[PDB]
Protein chains: 2
Amino acid sequence: XXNXXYX
Amino acid sequence: XXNXXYX
Ligand SMILES: *[C@@H]1O[C@H](CO)[C@@H](O)[C@H](O)[C@H]1O[C@H]1C[C@](C)(N)[C@H](O)[C@H](C)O1
Ligand SMILES: *[C@@H]1O[C@H](CO)[C@@H](O)[C@H](O)[C@H]1O[C@H]1C[C@](C)(N)[C@H](O)[C@H](C)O1
Ligand SMILES: [Cl-]
Ligand SMILES: [Cl-]
């Protein structure tokens, strides 16, 4: 993970 | 804004 979003 | 991140 480590990313974010939101999609 | 309203979206997220983190870049
Ligand atoms: C997403 O990251 C930001 C930055 O550190 C935090 O402020 C935010 O609380 C965090 O969102 C939580 C709540 C959410 C969106 N329901 C998810 O569970 C995420 C992974 O964590
Ligand atoms: C979104 O990220 C910023 C920067 O780290 C935080 O300061 C902020 O608290 C965070 O927003 C929260 C609250 C919100 C907007 N209701 C959402 O739940 C997000 C994911 O987390
Ligand atoms: Cl949320
Ligand atoms: Cl908002």
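Here is how names work: the chains are called A, B, and so on, in the same order as the sequence lines, proteins then strands, and each is numbered from 1. Parent or X for modified residues; extra atoms not counted. We read in the header that X-ray crystallography, 1.1 Å was used to get this structure.
At chain B one finds the drug vancomycin. Looking at the PDB entry, one finds chain B under the name vancomycin.
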